[PDB]
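Take a look at the structure below.
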Amino acid sequence: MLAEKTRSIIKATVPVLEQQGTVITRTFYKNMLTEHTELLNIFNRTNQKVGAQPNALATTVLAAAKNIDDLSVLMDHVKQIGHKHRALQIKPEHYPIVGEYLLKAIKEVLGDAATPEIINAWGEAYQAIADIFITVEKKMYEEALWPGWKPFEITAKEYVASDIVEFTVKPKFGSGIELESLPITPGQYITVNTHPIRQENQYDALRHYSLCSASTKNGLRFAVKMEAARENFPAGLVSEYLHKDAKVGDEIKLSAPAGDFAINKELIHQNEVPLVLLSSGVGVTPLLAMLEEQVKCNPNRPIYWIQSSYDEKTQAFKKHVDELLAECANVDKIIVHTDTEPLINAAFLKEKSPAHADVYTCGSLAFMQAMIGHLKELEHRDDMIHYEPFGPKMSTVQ
Ligand SMILES: Cc1cc2nc3c(=O)[nH]c(=O)nc-3n(C[C@H](O)[C@H](O)[C@H](O)COP(=O)(O)OP(=O)(O)OC[C@H]3O[C@@H](n4cnc5c(N)ncnc54)[C@H](O)[C@@H]3O)c2cc1C
Ligand code: HEM
Ligand SMILES: Clc1ccc(CO[C@H](Cn2ccnc2)c2ccc(Cl)cc2Cl)cc1
């Protein structure tokens, strides 16, 4: 696709963009977001100042630029980003805006070093990259269980731990969504479009929340941890909104189930390769959904439930989990309270799970980082390790 003249330039100018990453990406958001202010209905301003989004330009540009020789090596991450982008209603028309400001950023930072051929080459590289995304995302759009945001009604609010509530939600009249006959794969998340009233907030806020169950008869269920303030910065915007302000009976807007996180359907129906469900904190949520599937499809499979939380009180889904585990032939229930016990290490996973195992893991950015490292050392095949981070996945690879 991209030419070697214009491909050489790209390789040759990665050292500058890698070194000037933070500045460019800061310039990019400052400009783009104060020109197109409506975009603040999509981008979460807090991502830039907290998690993995200060080097995100330099994450997604260094990745591209470094892999410019062969872009297909990133295809897995593109597909995962895709689910998020479609979930978030990112459309072909958004892409040029990004590209336009990406070049404008570089020009501002590099000055006369960013020559017309340098700019040109990136302009080119960009559309090539964007074209892969638009195409991946188009297929996802035509395959979603329903188009865009649709109004749902909050039919129940229940604490399933001291600071995690579970919302059960039902589609409103004329949303055109019949609850039963919505095929959900356990491990998919939905995405909400809220508009918080606190903290001087003026725009929409979009967040993915993993479904607790693939069963839809009584509504869709998701569970939200309260990201509190404590002694430092402010509370998480939507988690506080949901917890404090979303009342049962209120409307909420959701987009269709997204995501790649799913258990291996071939290994469900056998008893030789055990299923390992490895979770921290609210991360337990898609795993609960996955557990419910295994228990219902085949309860003879060996299951290892490895749930970590701070407390018994902060331990999510105690009733729910017990009840499902009671139904299986051979389980090992492993509950880690980090107020009493050490964090999960490789040593721990060796002793507590089998050497050959079909493993699924979920929780914070940091919990993933750790778990993937541990399982790699114990030499679990990559095919056997699967994970879904509760932040940006482009920063939980390499
Ligand atoms: C695929 C996927 C599935 C997910 N599933 C779930 C789920 O089932 N349940 C769930 O609870 N979450 C889930 N998450 C995480 C969730 O979507 C949100 O990321 C989460 O609710 C936080 O949103 P927030 O608006 O409340 O916090 P934000 O306002 O987005 O801020 C995030 C964090 O930054 C901190 N912060 C705020 N300001 C600053 C600052 N200035 N400096 C440093 N730190 C700051 C806040 O305290 C907060 O902890 C999932 C995420 C993904 C990607
Ligand atoms: C080829 C160009 C693009 C690339 C490489 C890219 C890459 C990424 C990556 C890596 C993430 C993090 C998701 C995760 O880790 O799970 C992300 C999320 C996101 N993308 Fe893109 N994206 C592109 C285009 C766009 C466009 C055109 C828009 C709209 C203007 C957009 C809006 C968003 C939003 C809103 C998020 C998450 C929410 C946030 O960051 O606040 N992206 N993208
Ligand atoms: Cl080749 C390429 C172009 C754009 C992007 C990622 O686009 C991000 C914004 N973003 C983040 C999430 N969704 C969109 C971005 C563009 C430009 C700059 Cl300078 C910084 C960033 Cl962070 C990735 C590779």
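Here chain A follows the PDB entry for its numbers: 1-398, in order, are the residues you see. Computation of the quantities below employed the complete heavy-atom set of this structure, encompassing side-chain atoms and omitting hydrogens, waters and symmetry-equivalent molecules. When a ligand or atom number is given, it counts from 1 through the structure's own listing order.
Looking at ligand 3, the drug there is S-econazole. Going by contact count, the macromolecule most engaged with S-econazole (ligand 3) is what the PDB entry calls Flavohemoglobin. Residue and atom in covalent linkage with S-econazole (ligand 3): none.
The source field of the entry for chain A reads Saccharomyces cerevisiae. Residues with a heavy atom within 4.0 Å of S-econazole (ligand 3): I24, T25, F28, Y29, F43, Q53, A56, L57, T60, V98, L102, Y126, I129.
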